[PDB]
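Here we have a structure that includes fentanyl.
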Amino acid sequence: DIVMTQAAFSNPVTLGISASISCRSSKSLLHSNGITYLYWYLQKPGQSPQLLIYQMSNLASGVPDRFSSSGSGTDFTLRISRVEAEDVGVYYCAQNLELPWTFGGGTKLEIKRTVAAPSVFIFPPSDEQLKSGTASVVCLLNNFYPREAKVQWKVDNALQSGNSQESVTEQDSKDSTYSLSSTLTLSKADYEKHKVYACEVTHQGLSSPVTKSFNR
Amino acid sequence: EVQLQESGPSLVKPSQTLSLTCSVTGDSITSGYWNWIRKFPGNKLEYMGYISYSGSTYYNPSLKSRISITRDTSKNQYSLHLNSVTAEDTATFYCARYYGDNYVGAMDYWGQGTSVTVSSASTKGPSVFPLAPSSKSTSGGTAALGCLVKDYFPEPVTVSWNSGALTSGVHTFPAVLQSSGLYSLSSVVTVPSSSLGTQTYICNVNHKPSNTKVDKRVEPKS
Ligand SMILES: CCC(=O)N(c1ccccc1)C1CCN(CCc2ccccc2)CC1
């Protein structure tokens with residue numbers, strides 16, 4: 001019934017330092033019996049949540065000794081010593097001093113690695129898709145950091161205001177990069193009105209915008 | 001250790017009752033406490049309730065009027081029923097074990113989670129299109145190729161490559177709703193350029209809600 005609050009959406013950190021993720025509760029989690037009913041869970045990309053720490057001071061089985069919980073009463077911190085690339089994921093605090101269990105909104109741990117430019121790849125539509133009356137053009141930005149990137153579609157040098165959408169991977173657990181797709185979809189009739197299809201990419205690691213294009 | 005597996009429909013119509021089942025192996029549900037939690041699309045977690053080793057039940061007061069939990073001890077399964085659902089109930093639903101007592105314990109083992117979407121729309125299976133490798137998708141000795149998995153409903157879809165033999169360099173992007181209200185995603189892989197001459201690349205796509213299952217060979221293009 002207690003409100004659990006994790007003010008930060010994300011916590012960027014460099015490798016090898018101690019990270020700290022904050023959690024606050026609306027009432028003390030300390031029982032008269034001396035136990036603080038605070039828990040920490042981690043949800044790594046693509047996995048279910050997993051228990052890290054239970055009742056403030058106990059490590060779950062299999063969890064490395066680099067995780068510890070500090071604070072008292074209503075203000076707590078999860079500390080991760082010597083952060084590793086594989087630590088990325090969403091960290092949730094939780095309590096069960098009073099039922100129901102309640103959870104913080106999560107804080108995503110992010111590795112600050114060196115800036116890395118995207119490799120930009122472009123895929124024209126398949127004959128199979130065209131035979132069905134639509135054309136999807138896919139621009140791929142592979143293995144870059146930071147996550148922020150601008151992808152613009154230009155058709156015969158005309159900037160496109162719509163008809164595209166993006167998807168971004170979670171930060172990779174091994175190389176700390178992101179990848180991104182931008183997909184432009186047109187009717188086959190509209191696709192065949194134009195010649196040159198191009199995605200123009202802006203990113204911290206590029207000294208100027210990069211365009212990859214093909215001629216239909 | 002203990003293994004928990006959620007099952008049930010991936011799509012439920014609004015106003016209907018949603019029912020899910022958690023199958024437990026490696027432990028008996030006649031000891032401990034057995035929980036349901038859900039994760040909303042924006043990552044907020046909500047505890048729903050538990051059924052105890054004795055069959056007694058606890059429900060989150062915010063949900064008490066809409067939920068029932070049941071069990072079948074012979075099958076070592078327990079179930080969640082959520083009444084009168086709306087799109088506000090769309091979430092990933094988890095079962096999880098609580099080990100311990102009123103004094104000391106934790107929710108330790110969670111299931112893998114199962115997606116449930118609340119909509120009156122009919123299921124739709126994906127079209128699977130090749131993303132063909134070409135010089136437009138290569139950098140030196142590295143080539144990218146993939147599969148576009150387009151116009152399906154609801155989540156989830158699973159994608160593998162060469163029946164799981166190819167995992168290095170694979171990115172399967174999160175599905176994103178299109179302006180049609182249907183999902184689309186690509187799965188891509190980066191491979192040595194030279195391999196394109198003798199290695200075949202096949203994406204395996206499985207969309208269980210619509211009974212669509214497709215293997216698509218991805219050939220080089222000029
Ligand atoms: C999922 C089950 C669950 O989380 N719990 C549970 C466990 C057994 C039976 C009923 C509910 C909570 C466990 C922690 N306690 C802390 C409160 C407290 C502290 C000291 C002495 C007595 C009570 C609250 C209930």
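Lettering follows sequence order; numbering is per chain, from 1. Just so you know, ligand 1 is whichever comes first in the structure, and atom 1 is the first atom listed for that ligand. We use all heavy atoms of the structure for the numbers below, so side chains are in, but hydrogens, waters and symmetry mates are not.
- Most-contacted chain for fentanyl in this structure, per the PDB entry: HY6-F9.6 Fab heavy chain.
- Other chains within a heavy-atom distance below 4.0 Å of fentanyl are, by letter, A, B.
- Heavy-atom contacts of fentanyl within 4.0 Å involve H31(A), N33(A), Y37(A), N96(A), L97(A), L99(A), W101(A), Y33(B), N35(B), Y47(B), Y50(B), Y98(B), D101(B), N102(B), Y103(B).
- Close approach of fentanyl to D101(B) is summarised as follows: ligand atoms under 4.0 Å from at least one heavy atom of the residue are 7 (C), 8 (C), 13 (C).
- Between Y98(B) and fentanyl, no pair of N/O atoms sits closer than 3.5 Å.
- For chain A, the PDB entry gives the name HY6-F9.6 Fab light chain.
- Within the listing of fentanyl, atoms 19 (C), 20 (C) sit less than 4.0 angstrom from a heavy atom of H31(A).
- Within the deposited model, no covalent partner of fentanyl is present on a chain.
- What sits closest to atom 10 (C) of fentanyl on the protein, heavy atoms only, is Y50(B) OH, 3.6 Å.
- The shortest N or O to N or O distance between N96(A) and fentanyl is below 3.5 Å.
- Here the protein heavy atom with the shortest distance to atom 14 (C) of fentanyl is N102(B) O, 3.1 Å.
- Interface atoms of fentanyl facing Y47(B), defined by a heavy-atom separation under 4.0 Å, are 1 (C).
- Annotation: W101(A) places an N or O atom under 3.5 Å from an N or O atom of fentanyl; distance criterion only.
- Atom 17 (C) of fentanyl has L97(A) O, 3.3 Å as its closest protein atom, hydrogens excluded (heavy atom only).
- Ranking the protein heavy atoms by distance from atom 9 (C) of fentanyl puts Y33(B) OH, 3.2 Å first.
- Listed by atom number, the atoms of fentanyl under 4.0 Å from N33(A) heavy atoms are 20 (C).
- The ligand atoms of fentanyl that sit less than 4.0 angstrom from a heavy atom of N35(B) are 1 (C).
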